[PDB]
J.: 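Would you mind keeping the following structure in view while I ask a few things?
Chain naming here is simple, since letters A, B, ... match the order of the sequence lines and numbering starts at 1 in each. These numbers come from the heavy atoms of this one structure, side chains and all, not from hydrogens, waters or symmetry mates. Determination method: X-ray crystallography, 2.3 Å. Order of listing sets the numbers, starting from 1, for every ligand and every atom in it.
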Amino acid sequence: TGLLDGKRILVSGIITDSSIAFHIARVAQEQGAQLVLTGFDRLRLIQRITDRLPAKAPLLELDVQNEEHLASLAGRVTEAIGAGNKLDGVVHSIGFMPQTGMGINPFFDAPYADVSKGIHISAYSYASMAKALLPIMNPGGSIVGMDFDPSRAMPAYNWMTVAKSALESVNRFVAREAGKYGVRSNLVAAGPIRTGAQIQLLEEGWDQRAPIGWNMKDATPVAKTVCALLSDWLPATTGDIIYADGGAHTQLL
Amino acid sequence: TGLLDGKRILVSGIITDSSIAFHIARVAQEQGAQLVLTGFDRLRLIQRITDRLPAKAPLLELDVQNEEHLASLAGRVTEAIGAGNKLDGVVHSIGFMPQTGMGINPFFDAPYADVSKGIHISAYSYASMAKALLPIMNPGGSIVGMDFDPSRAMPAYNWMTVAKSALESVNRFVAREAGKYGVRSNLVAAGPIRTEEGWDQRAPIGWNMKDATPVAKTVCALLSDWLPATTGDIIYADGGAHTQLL
Amino acid sequence: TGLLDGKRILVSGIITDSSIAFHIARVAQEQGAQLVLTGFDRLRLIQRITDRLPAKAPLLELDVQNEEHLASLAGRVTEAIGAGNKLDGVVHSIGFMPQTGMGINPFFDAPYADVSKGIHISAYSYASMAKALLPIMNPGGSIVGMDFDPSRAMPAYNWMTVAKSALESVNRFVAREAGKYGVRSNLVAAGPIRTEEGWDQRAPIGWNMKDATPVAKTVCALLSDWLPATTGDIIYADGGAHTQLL
Amino acid sequence: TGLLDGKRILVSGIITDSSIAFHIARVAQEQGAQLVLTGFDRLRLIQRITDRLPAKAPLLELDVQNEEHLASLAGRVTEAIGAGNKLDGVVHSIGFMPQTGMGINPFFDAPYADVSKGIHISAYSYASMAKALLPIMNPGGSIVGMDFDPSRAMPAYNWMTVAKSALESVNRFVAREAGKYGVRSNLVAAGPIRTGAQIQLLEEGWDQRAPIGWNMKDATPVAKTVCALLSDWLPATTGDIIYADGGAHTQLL
Ligand SMILES: NC(=O)c1ccc[n+]([C@@H]2O[C@H](COP(=O)([O-])OP(=O)(O)OC[C@H]3O[C@@H](n4cnc5c(N)ncnc54)[C@H](O)[C@@H]3O)[C@@H](O)[C@H]2O)c1
Ligand SMILES: NC(=O)c1ccc[n+]([C@@H]2O[C@H](COP(=O)([O-])OP(=O)(O)OC[C@H]3O[C@@H](n4cnc5c(N)ncnc54)[C@H](O)[C@@H]3O)[C@@H](O)[C@H]2O)c1
Ligand SMILES: NC(=O)c1ccc[n+]([C@@H]2O[C@H](COP(=O)([O-])OP(=O)(O)OC[C@H]3O[C@@H](n4cnc5c(N)ncnc54)[C@H](O)[C@@H]3O)[C@@H](O)[C@H]2O)c1
Ligand SMILES: NC(=O)c1ccc[n+]([C@@H]2O[C@H](COP(=O)([O-])OP(=O)(O)OC[C@H]3O[C@@H](n4cnc5c(N)ncnc54)[C@H](O)[C@@H]3O)[C@@H](O)[C@H]2O)c1
Ligand SMILES: Oc1cc(Cl)ccc1Oc1ccc(Cl)cc1Cl
Ligand SMILES: Oc1cc(Cl)ccc1Oc1ccc(Cl)cc1Cl
Ligand SMILES: Oc1cc(Cl)ccc1Oc1ccc(Cl)cc1Cl
Ligand SMILES: Oc1cc(Cl)ccc1Oc1ccc(Cl)cc1Cl
């Protein structure tokens with residue numbers, strides 16, 4: 001028997017097989033979880049991608065900017081898992097920031113519409129997804145979104161850092177809401193995962209700072225962590241952040 | 001001599017004489033600073049308010065959602081303080097969240113359009129004001145914005161809390177940029193001011209919500225040369241409350 | 001199959017069946033783990049308590065102030081689980097502060113001798129237990145100690161709070177060392193357990209002080225292979241309370 | 001007129017002219033502060049050291065392990081500043097950890113008696129000094145101790161890191177006590193100050209991470225910060241930590 005046996009879990013954020021949500025999905029199904037999956041735009045592609053998953057799973061469309069997608073999302077899931085059934089888990093692995101706000105572009109050159117669009121997608125959508133889905137979730141359930149420690153500024157990450165700080169603050173509020181349904185809300189703050197010279201420097205220090213090391217080619221440790229929060233072995237943790245970063249954020253040098 | 005003697009400081013955010021920015025300006029002027037002041041919509045009203053300060057100061061219009069007010073800010077400021085002169089301090093004391101994402105409204109019912117507008121005015125504008133004014137600031141200078149500790153979730157504050165968390169993240173990126181200019185960037189996270197009961201109890205030294213002067217003082221401390229090694233950071237002017245659980 | 005199936009786990013700190021360590025052990029045994037258990041002074045009494053667990057387990061004496069109990073611990077553990085075998089988990093659920101530095105006594109009136117003894121038993125022993133048992137642990141293993149969030153000051157807890165702050169600092173240094181062994185080291189910061197009212201109110205999911213099982217579960221989660229990328233860290237088993245201000 | 005005019009301030013922790021407390025003393029006197037100074041053992045040396053200070057100041061003996069020194073400390077200060085006078089400021093710049101617990105020695109090889117002695121001197125003494133001195137302090141007053149950010153483990157620092165975490169937790173409690181007298185208690189978390197290859201790496205990254213840079217040969221920025229807290233321009237901050245580290249702790253890379 002597996003970690004997530006009989007639990008019905010919605011996973012968003014699969015675009016390729018390198019996506020963190022592919023591995024979360026992969027590992028959740030390995031542990032006996034019944035998935036519903038959502039995707040944004042390139043649906044034809046992600047049909048073939050999610051076929052490379054261990055088990056079959058209905059695939060729905062969900063642009064988190066789209067207001068019709070959100071209002072219909074409860075009924076579409078319910079149809080997909082069968083009326084009378086409910087979700088025990090929800091995975092948010094969605095994030096986007098335009099290259100105007102992340103990377104080489106100077107922090108001060110990002111226009112607000114672009115920053116606004118990235119904050120919409122990477123932080124606010126955690127609330128509106130929880131809002132869509134909370135009415136069709138069982139007590140004991142668990143919502144989990146993906147994070148990248150924003151405690152300190154770093155190069156490149158720029159406005160995506162700022163989006164992740166907003167996400168964290170959003171997580172604490174969603175938990176207030178989720179808790180009235182007896183449902184937990186947490187973030188997994190992951191280390192860098194391989195989905196210019198400066199960026200190599202960060203990733204390098206990550207493995208060096210990590211007391212147990214950090215392999216950027218391996219997404220499984222993060223998938224596992226998420227399934228831990230989706231399981232029942234972490235039942236008194238909510239509003240919170242769990243770090244799957246090799247322990248790097250706990251070490252200065 | 002005064003704490004800010006001979007320093008030129010931009011003070012944004014006066015709308016009333018209850019405004020934190022008003023007391024900051026008042027104290028900065030009490031301590032010898034030369035101010036330039038900015039105002040949003042009600043210019044005539046705050047002209048009447050800004051006439052209540054100890055000393056006179058130029059009043060520029062600044063709506064931080066307005067791209068033309070931003071790209072022209074440097075030039076307008078220069079004209080006020082005189083060419084060749086640069087600012088030594090900038091006060092961001094601007095916030096706004098529509099009532100749809102702050103108050104009695106449930107946290108899930110705030111439209112993005114409204115939360116995006118609040119985050120624009122409360123967070124992103126700390127960066128775009130720095131962007132504008134950094135070219136016209138002196139080495140050793142200081143940019144300070146107003147904060148309310150968002151490390152934990154709380155009733156009512158809702159998406160403004162989310163705004164403040166973003167500001168804190170922005171402040172750390174603004175100090176990256178500011179440092180290229182020899183300039184500092186810090187936040188004062190202040191207790192609740194009457195522009196709560198738990199706040200005063202928790203505060204080891206106590207907390208008066210009817211007094212903004214202790215907060216104004218902490219801002220001025222940051223605008224001076226007595227905290228020259230702190231940037232990207234947050235000074236808590238809160239009676240100590242956030243250091244205490246109960 | 002069980003969560004800890006086939007894993008050998010040291011559980012320290014049982015003195016009663018109200019002890020957090022008792023429920024941890026009970027749950028680890030419910031989930032298929034093989035235990036070795038340690039006890040301080042009252043060995044016969046906890047023999048009687050440890051007979052109340054689902055499955056039987058060897059009971060070693062361990063006073064962490066005793067240097068001879070430490071240097072002999074590895075050898076004694078090996079003898080219990082059989083040579084060639086190594087532990088996969090270690091539970092530090094030991095704390096003590098004399099009443100002179102925890103309770104009604106004022107914070108300034110605790111002698112150092114008493115605070116030093118409490119910090120010895122509550123903090124430094126997390127390191128010396130790791131020091132002892134690291135040589136006899138398998139790669140992929142996990143060391144977990146018990147914590148109570150000390151990030152803010154609070155009445156009564158006093159110098160035990162200071163102990164817990166030191167533990168947290170020690171845990172981060174223990175994970176440095178543990179990592180050389182492919183082993184993890186983390187703290188569970190738990191809510192108040194009946195071995196407060198504010199705690200349940202703040203907890204978004206609620207907090208039952210009469211139930212230690214949700215905390216025991218979180219410990220077991222850390223002893224398993226489902227959090228393999230977390231070390232030097234703190235998991236809060238507190239109903240979410242510490243994420244909420246009011 | 002200066003920052004600290006008419007304020008009577010006790011400064012501990014001068015052993016040489018490179019000490020952070022020499023500069024705190026130096027800068028406090030420059031700003032019109034009336035000092036009382038304490039020292040540990042080598043009193044003859046620190047008499048000549050403190051002569052190189054701008055202004056004269058009574059010099060008392062204070063071993064913070066010594067229980068007689070502490071119980072007599074209020075009366076000795078009072079004699080030194082004149083009966084009826086009181087202290088407006090107190091500076092704790094004391095720290096020690098034996099080399100068994102700090103540097104090359106493996107973390108696990110430090111014996112508790114040594115760690116216990118370093119924790120006594122670097123953390124517990126902040127309480128017992130506040131205890132000695134609080135009865136002879138004016139409302140509006142300020143106690144300030146020296147800190148080195150312990151949020152994360154780093155090499156070398158080892159058990160001194162642990163001592164500083166204890167200090168921080170102690171600061172939050174002293175503020176509870178100090179507040180009944182209307183006196184603030186804060187820490188200045190300073191960057192590294194020049195008072196093997198690995199240690200050079202830390203100091204280097206400090207200046208690199210510091211958005212405004214960090215000069216390890218210059219103690220004045222830290223002295224200034226302390227005088228800020230000793231002044232009246234930070235009157236609603238207590239139980240707290242101020243970082244004079246160039247902004248380095250706010251930056252990952
Ligand atoms: N990649 C890393 O190093 C790592 C580390 C920490 C955190 N994270 C976070 O994990 C999450 C997924 O990361 P990833 O590396 O797997 O990225 P990915 O590019 O593989 O996946 C991101 C997903 O966001 C989806 N998306 C974008 N806009 C959307 C919209 N408008 N509506 C619905 N979906 C939308 C995309 O379709 C995509 O599947 C992100 O939130 C990311 O910030 C990743
Ligand atoms: N009052 C409190 O308890 C408290 C506590 C902590 C932090 N703060 C912060 O202090 C700052 C000022 O708050 P205050 O209490 O003086 O409130 P206030 O209402 O008096 O000031 C807010 C100011 O922001 C200005 N503003 C709004 N939209 C603007 C725009 N688009 N462009 C330019 N200016 C705009 C307003 O005109 C006003 O002067 C804010 O950042 C607020 O978040 C307040
Ligand atoms: N009860 C709570 O609300 C709570 C909350 C958070 C954290 N904790 C932590 O959980 C851990 C265990 O607490 P508990 O509530 O089960 O209390 P408990 O009194 O049942 O357990 C404390 C244990 O420490 C042992 N101990 C004391 N001195 C020792 C020594 N010198 N050598 C070896 N063992 C020694 C005792 O024998 C006892 O079994 C402690 O670390 C405590 O700080 C407790
Ligand atoms: N040096 C740095 O890079 C730096 C950075 C951060 C924090 N700090 C802290 O600042 C403080 C002073 O540091 P420094 O670099 O000036 O060191 P320093 O060696 O020059 O001064 C340390 C002082 O502690 C005193 N002392 C030791 N044991 C004592 C005792 N038993 N009783 C009374 N006094 C005793 C010594 O006499 C000495 O004057 C320390 O707490 C240190 O940890 C220093
Ligand atoms: O958060 C992240 C952190 C890292 Cl180190 C790498 C990738 C991350 O995730 C993203 C960043 C930007 C955009 Cl547009 C989309 C995604 Cl999915
Ligand atoms: O941050 C704040 C904290 C508190 Cl206790 C009270 C008011 C605050 O600030 C605001 C809240 C909403 C809007 Cl529309 C404008 C401002 Cl200035
Ligand atoms: O950490 C704790 C937190 C709480 Cl709410 C209650 C008890 C705790 O733990 C202790 C306190 C004092 C002693 Cl002598 C022994 C232990 Cl185990
Ligand atoms: O805290 C410190 C931090 C740094 Cl980077 C350098 C020195 C420090 O201070 C000390 C460390 C050990 C001992 Cl025995 C005495 C003192 Cl004064």
J.: What's the drug at ligand 6 called?
T.: triclosan
J.: Just wondering - which macromolecule does triclosan (ligand 6) hug the most here, in the naming of UniProt?
T.: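 The chief partner is Enoyl-[acyl-carrier-protein] reductase [NADH].
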J.: Which other chains make heavy-atom contacts with triclosan (ligand 6) shorter than 4.0 Å?
T.: B
J.: So which protein heavy atom does atom 15 (C) of triclosan (ligand 6) come closest to, and at what separation?
T.: B:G95 O, 3.7 Å
J.: Atom 13 (C) of triclosan (ligand 6): which of B:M160, B:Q99, B:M209 has the nearest heavy atom?
T.: B:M160
J.: Tell me which protein heavy atom sits closest to atom 3 (C) of triclosan (ligand 6), plus the residue, atom name and distance to 0.1 Å.
T.: B:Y157 CE1, 3.4 Å
J.: Check triclosan (ligand 6) against B:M97 and write out every atom of the ligand that is under 4.0 Å from a heavy-atom position of the residue.
T.: 14 (Cl)
J.: Where does triclosan (ligand 6) share space with the UniProt substrate-binding residues of chain B, that is, which have a heavy atom under 4.0 Å from it?
T.: B:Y157
J.: What is the overlap between the NAD(+)-binding residues UniProt gives for chain B and the residues having a heavy atom closer than 4.0 Å to triclosan (ligand 6)?
T.: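 A heavy atom under 4.0 Å occurs in these UniProt residues: B:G95, B:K164.
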J.: Any idea which residues from other chains are within 4.0 Å of triclosan (ligand 6), non-hydrogen atoms only?
T.: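 Within 4.0 Å on heavy atoms: B:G95, B:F96, B:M97, B:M102, B:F148, B:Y157, B:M160, B:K164, B:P192.
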